[PDB]
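To start, the structure under review is shown below, and the notes come after it.
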Amino acid sequence: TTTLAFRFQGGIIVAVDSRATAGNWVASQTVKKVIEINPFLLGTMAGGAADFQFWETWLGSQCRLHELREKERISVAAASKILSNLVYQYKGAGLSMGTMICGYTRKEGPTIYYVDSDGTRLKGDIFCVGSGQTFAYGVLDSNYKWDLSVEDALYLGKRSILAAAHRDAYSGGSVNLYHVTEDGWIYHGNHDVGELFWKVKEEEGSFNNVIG
Amino acid sequence: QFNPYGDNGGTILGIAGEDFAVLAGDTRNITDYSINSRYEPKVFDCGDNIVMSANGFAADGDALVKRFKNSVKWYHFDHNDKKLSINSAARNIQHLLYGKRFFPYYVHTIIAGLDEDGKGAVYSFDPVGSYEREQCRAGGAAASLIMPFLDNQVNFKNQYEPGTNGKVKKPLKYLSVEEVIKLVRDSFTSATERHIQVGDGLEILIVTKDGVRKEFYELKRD
Amino acid sequence: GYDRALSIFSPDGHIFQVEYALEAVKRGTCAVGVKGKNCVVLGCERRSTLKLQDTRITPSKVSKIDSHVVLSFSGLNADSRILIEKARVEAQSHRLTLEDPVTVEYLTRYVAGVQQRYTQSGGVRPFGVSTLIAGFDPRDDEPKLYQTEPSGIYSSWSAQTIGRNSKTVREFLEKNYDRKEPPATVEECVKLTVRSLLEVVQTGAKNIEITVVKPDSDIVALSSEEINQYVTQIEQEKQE
Amino acid sequence: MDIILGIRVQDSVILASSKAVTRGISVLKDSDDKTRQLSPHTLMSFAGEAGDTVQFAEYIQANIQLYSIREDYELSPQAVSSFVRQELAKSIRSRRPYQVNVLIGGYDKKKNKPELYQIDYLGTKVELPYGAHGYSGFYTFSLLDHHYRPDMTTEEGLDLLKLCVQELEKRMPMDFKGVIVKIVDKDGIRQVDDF
Amino acid sequence: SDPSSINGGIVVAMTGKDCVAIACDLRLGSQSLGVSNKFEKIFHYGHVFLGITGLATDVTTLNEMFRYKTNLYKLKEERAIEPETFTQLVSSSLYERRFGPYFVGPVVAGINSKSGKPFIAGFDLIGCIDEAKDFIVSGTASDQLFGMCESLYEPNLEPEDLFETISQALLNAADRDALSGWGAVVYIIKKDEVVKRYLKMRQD
Amino acid sequence: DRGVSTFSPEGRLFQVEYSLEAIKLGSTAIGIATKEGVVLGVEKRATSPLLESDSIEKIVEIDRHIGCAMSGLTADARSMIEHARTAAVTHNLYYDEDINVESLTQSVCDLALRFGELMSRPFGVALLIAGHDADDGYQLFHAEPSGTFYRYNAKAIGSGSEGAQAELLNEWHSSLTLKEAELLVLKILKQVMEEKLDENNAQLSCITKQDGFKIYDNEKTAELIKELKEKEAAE
Amino acid sequence: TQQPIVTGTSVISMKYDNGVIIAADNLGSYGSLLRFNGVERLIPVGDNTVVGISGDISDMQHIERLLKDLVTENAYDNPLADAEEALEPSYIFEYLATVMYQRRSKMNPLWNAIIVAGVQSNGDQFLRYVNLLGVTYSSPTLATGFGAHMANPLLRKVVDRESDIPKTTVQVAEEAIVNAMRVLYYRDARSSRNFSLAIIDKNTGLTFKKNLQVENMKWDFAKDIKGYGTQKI
Amino acid sequence: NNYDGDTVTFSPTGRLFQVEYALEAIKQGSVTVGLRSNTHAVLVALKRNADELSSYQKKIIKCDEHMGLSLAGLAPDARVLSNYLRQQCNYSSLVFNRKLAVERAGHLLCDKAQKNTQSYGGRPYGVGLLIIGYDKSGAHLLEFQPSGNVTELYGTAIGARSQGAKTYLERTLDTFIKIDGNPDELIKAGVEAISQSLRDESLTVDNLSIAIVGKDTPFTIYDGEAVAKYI
Amino acid sequence: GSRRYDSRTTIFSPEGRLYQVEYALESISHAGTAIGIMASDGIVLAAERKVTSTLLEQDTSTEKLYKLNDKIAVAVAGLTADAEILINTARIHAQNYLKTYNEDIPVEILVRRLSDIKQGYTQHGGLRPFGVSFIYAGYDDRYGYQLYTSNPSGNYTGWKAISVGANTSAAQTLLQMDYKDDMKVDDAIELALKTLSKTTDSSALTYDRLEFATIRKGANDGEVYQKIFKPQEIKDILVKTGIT
Ligand SMILES: *[B]([O])([O])[C]([C][C]([C])[C])[N]C(=O)[C]([C]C1=[C][C]=[C][C]=[C]1)[N]C(=O)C1=[C]N=[C][C]=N1
Ligand SMILES: [Mg+2]
Ligand SMILES: [Mg+2]
Ligand SMILES: [Mg+2]
């Protein structure tokens, strides 16, 4: 798995891969690793999990209940902490998940929270989680700036997943992009890696190692 | 030490058509190197035009199906005989499975039916409740033999159009119920040849707007 | 456990135990709340039947629930401590999970909910307490003032009074408080609060307590001399 | 392997704490503040097992803040440290203990004295002139043994602290991405933004 | 791993003529690392003295617990607890945690206020009472202390002679133990005066 | 004294019948169901002019497709709303769909008779539960503390209920528009209210399939009050 | 979790045209020790069902009491207890199957493999298997333990599929069972010569045969077998 | 009088007044009729409305594919009892793969209602039920009273003015019992029976509620234009 | 059932009073008078034993003045048995606080805890309240010398001088008259005894009918000493002040 999320001028980019494996067996190439929690909050998945389907769908119910009770959109900090406090109760019980709770509110601005099955909860600008995280970090760190256009930022996220999808055996399938403003998240296409690779290779002049 | 789990073998397959859906599964039940039954039904009609199969450990599989059938019944009581939609059934099953997260139903669950727009729908689950709608899914022992074939022959993966040489893909033309059954039968005939836990018989349940229909085919008994 | 249904309906559709809890509030010392343009003031009566008291250590009528919210009350003193403690815990619990202090509305809603629960729980009687909860929401300069009562109903008030002779001071506030133009400054708001208490209190010596709450956790309690200056100024203008 | 350090000087307590957060193979963050303000004149730094650390620190924080509101009074550093120790001493015999080591640096406004307390996850409290948790002490204590005086100024304490961090940066295998330094004195708690 | 030797430390107690002496080192460590040279292991409740070796968190916890219990004892009984009675209280308290014990080696010492009789006692971690006439030893250098005490001790020593004996018993035992030392304290206890002496010893 | 769950010689539960008397004392609430939507309206009834009337929350959102108005001991409604909101969201979690308005109402009404010697007494509040679902369309339910719920085309509860219900008897027809219904609620509220009806002491709300449940602004309601006055003066 | 102590070996069974046959030897083994030679492991319930049990004997005796108690309970307030509302094989099986699965789910299994053979109200043959894991399956032939490996192959030569059931008479079916029991005696080291056999026929009802013995055994050829290869004498 | 304060108290003549007051709640409730033949069993219920704007309170509840009841009295109590029946019918299926006998279903209701009449604090159920079903011993009709008394009958009626329908059935006993293999004629007899309990009001399309179960007929409810055939 | 015999101890009167609290206070009004007087340099606790006998062993007797810890003491007015239940609870709370924070419990915190316990019996549980009123005399380093009182309602208040039990109206008037803020312990001792001497229902005030105690900083350097007066010491202070 490779999932990333980074803050920038235009809000937040979220990019994930699509592969799920059971050992060396490729189970699915079509996995949605972004739970659309509500219209304003996004959550990612990684780690031999899908525990996070249940719990981030559950989180969406808690966030809905919050804004019914408080007549106000839940903060990214409050939403992330409901999840982190929940998984902390279950600490010790099972396997290894990792997530990024992403959102944009008035009081906070664009915010990303790395929540973890060990109970860790970190606010930050850039995060990469999954077996292919190191590959994604490489592309992201060298090309990241705050002053990135929405177009360029989307591409960087797409390219960072592609980099990991290529090298990491347990990442691949396709890239799901999301862009987050406070008006809501915006979906930006499902991009097959099989087609995206040859497209990027040719246009960018990258991947000269590979023959095409 | 007592081991509460077991492998009853078998293999299942769900394919979603344009206005139909099929859920197939072999009728062989096994432990280790012995055959328990040559005909032990594995795919069940659960009502509301939904078919289900929980392949793997038969005791957990039979328990889960039983509990879902029960869930359908109580859905009718509690909500004025409302028809349980396939998407709602899928989410309900997630909660049944995850309800035993720390002592799982050791099964690979697949349900098939029609969505609320009338189009074919197949949902696939893991043992701990994660699910996803899919056009094509094989589950169980011989899933590794069947899925690559389905990627090739249903979704036309790695296939391109002659003359263009890799430039233009093969178009994703829809498959008829007769065409799907041919792929199902060939999948199980091939799986039977190379997997010892697959054989005896193949039972297919076809779901259309008209209802649920059954088809049975012999498989090699060795 | 003791399960007896103490709060129950009567033929005429009344829960007498809730209504008798209001009678306990009627007996309690007067408490008043007035919100200005950029502040809220909480006035409280101290009955002068009790002298030889130690005012340093005697429980003050106004209680801080958090650094930005305060709670005064009329009714049974012992009962108020139970509501205050619960409210203070919930305030810290809210900060811990939501990572943001309670709104004055939320804190009020919680306290009111506790009070309500005691009107239909077995083996318990209702709280003989009405509260005035005041403060400023986090990162907000709009003043907030809420009232609660034993039944569990709550609501917001431009100005409000509870306790003994609250009918009289509510009469005063209703004619003297203008919504279109509330007390612009701290002085004007405190003055109006003291004036309203002087309709009931008796002597303006140690019988009036005033607590001024301002935005951004700026809460201060006025001393005897500071209050006595308001009392002097009010009566000197009155002699005309 | 997080490094958290503490030094009590004449009129203040200084707590240094690493900025790195490592989740296995990658450094996920290089600007993490491993501390919580328990009260205006009491600061607790912490290091231990992921999740447990913050969960514990915030739980303690909430309790001290609850006490402060109830009594309208700030607890002494000694009192807070004793409370914290009891929580960890209670924790160690629980089903799942808090795996958290802490330093509590506070300025006692009554006695007008800085106070540094070192408490490990077992609930082992010690009042010290300078303290550390984990492998941090192994490098730093030899420097602190040599250079430390009880009458040092805050600026002298920071210089001695720099010498400790430099030695850690030289000889420790893990890159801890520098430290966030905080000073606790009569005027409260402030952060040294340049270090 | 072994809780009783993580922090390290020692306590020794002796009887003399109309007096008792109890002594301890000052080290607290995290295995090899020395953490504190001011960790005193001898506490007192009225005229009853209690030394505690072993896991430091439990040393602290038990001191706080026996302070708690002896204070309530005093309020109700309207008198200070005696060494014989306290010994029983320690044993009771320890045994109630039979299958989840405090990892400690307590040592009671003191003089009975009424009879004037010198008293010492030692315990294992689960409450067994060792009420010796001559001496009690506890901690990571207990073997060493046993060797010193068994050779150096003689009965009916005067307070100022007893001090020299117990001091040398502790010091030389602590120097043959890696996890003990870093200073030492000796309490000389008489019926109505108690002298506390800090010893100068090697700091390694 | 006497049991809480005691039957009268007539065959009624004393405590349930006494709670109905408490609801008669409560402020008026009116609900009207149409094919274009359901309208909910309430009398706020502030006990003093110093009470900020906008804080009086007698109309409440349960979900996006279900709204609720109350009358009687409104403090008792809070736990009923919390349960209703939880029930609505919980069902969405289990079944990935909106919950039927009847099923929601049934879930609320199950609480009603959970009293004995569970809570110590019945609820002292009646609820008008209005909503929409795909199966039965726009619906209005009247939930009582007896555990009984009736569906209605139009319903009035509170102090001016029998007078308003008689007015709803004549005025309601199956071809009412949403705008007509809004005015009809305002008309009947103005008729039964002690004080003069305006945008501050009365509140409107509706539930439509498109926009979901909405509480009306005081500026929006003020225009509907002004529109009402003119159309009554028109003949 | 436990281990089985006193154990019962194979239970074999098959369907035939008018009903079902089930058989099991009368041995209660204590490891390699053939401890108890008079143990009945076929337990009839009513006049239309026979439950055959293998595995732990103490757990068998528990199951035996549950079935005995089931009949008692069914008779309570049931005027049709010996008629329309009498216990069916399907009812008795599903009950056991519920218990077996519940017990495995509490990690405290009844250490058994059970075969419920019987005939339903409508004359249909009932034959279904359940074990310590709660695993259930039905087949024209069912067998437990060694029976699975040796009996089934022989019984499947008679009834290989569903369509062979009406073609199989009670005489042919019983013969196959009795032969299978002999084969198990040759080859199962924890079996006995003595066994019980039960026939549940839709016409002639329940026939329960006790004290049967394996006969017509072939051993004579043993005399000719000498040494393990090269030895002649 | 002095002995009606709670359910735990006998009167001097050996009466349980709280039970009798609960019995009174049934008589206030709307009329409902039950009757059966050898093949089918039918419930006919007169639904009651609050006013013209209101709906008509549902009277019939389904318990299983082969069993269900009609209520008269406190509807929530019927919901509690019907829910219990649903679970018992369901327990029988899941555990024993067996459809619950109608007679045994009555025995379970009897015992559940009884516990409420002998214990302090609680109260009797304030509803009467007519349970119909088709099991292995053919068609059945039961009458449940909240005293605990359950009675198997050919036909009966409960609720207000139910005596008229009950007399009619007592005359028609020999006729309607013979209506085998004809659901419509059996319903006709039930509709004609409930008509004997009507005054002023008559059977309209949204007023009438009919249910039926039989040999090859699952328990199914008919409301609205589905019962216009029988008016 | 059992409802028939339930007194319903935790309910409001129509006037909004707690019946049982009011009646418990009526019980306390018949109890021996206890007085507390706080001075700048210490606190006095004086209390009258109720109609004693010559055969009562006074030197080993304790019905009025109890010690909660080294810094805090209480005077009792009401049922002695009820008071001892609360006293033991209070003693434990002080020790719990000490164990937790390693500091002696602040006086107000201890008072609030006991007062909260009394409050609990007036609101829930269906039990009768404790027929006890306390005078808390104590010291801590925050507020210094403090006097409090609690009653069965669970309400507590701070005082400079206060009486509980019998003739509190008469007693409170006399204290209000002669009390001044700059007063000292020796003067407060005299005031306490003079007040009891005038309000007593006995013919004459004697040593055998009194319990007496002082909390003084009159201890060697910065620390506090509790002095529970012995019978002979009460006799001496009665002669010194000129009452006998
Ligand atoms: B990713 O590789 O971490 C991925 C994320 C998951 C949410 C789909 N995990 C998996 O694919 C895991 C295996 C795994 C591989 C590498 C690292 C960690 C875990 N597989 C599954 O979660 C899985 C497998 N089969 C069916 C369902 N789920
Ligand atoms: Mg790859
Ligand atoms: Mg083979
Ligand atoms: Mg330590």
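The sequence lines fix the lettering, A, B, ..., with proteins before strands; numbering per chain opens at 1. Technique stated in the header: X-ray crystallography, 3.0 Å. In listed order, ligands and their atoms are each counted from 1. Below, all heavy atoms of this structure are taken into account, side chains as well, without hydrogens, waters or symmetry copies. Excerpt of entry shown; contacts counted in excerpt.
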According to UniProt, what is the name of the macromolecule sharing the most 4.5 Å contacts with ligand 1? Proteasome subunit beta type-5
Mind telling me the name of the drug at ligand 1? bortezomib (bound form)
Other chains near bortezomib (bound form), heavy atoms under 4.0 Å: A, B
Residues near bortezomib (bound form), heavy-atom distance under 4.0 Å: A/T1, A/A20, A/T21, A/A27, A/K33, A/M45, A/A46, A/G47, A/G48, A/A49, A/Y170, B/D126
Contacts by heavy atom under 4.0 Å between bortezomib (bound form) and UniProt bortezomib-binding residues of chain A: A/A49
Can you figure out the closest UniProt active-site residue of chain A to bortezomib (bound form)? Give the heavy-atom distance to 1 Å, please. A/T1, 1 Å
Residue and atom, covalent to bortezomib (bound form): A/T1 OG1
What entity name does the entry assign to chain B? Proteasome subunit beta type-6
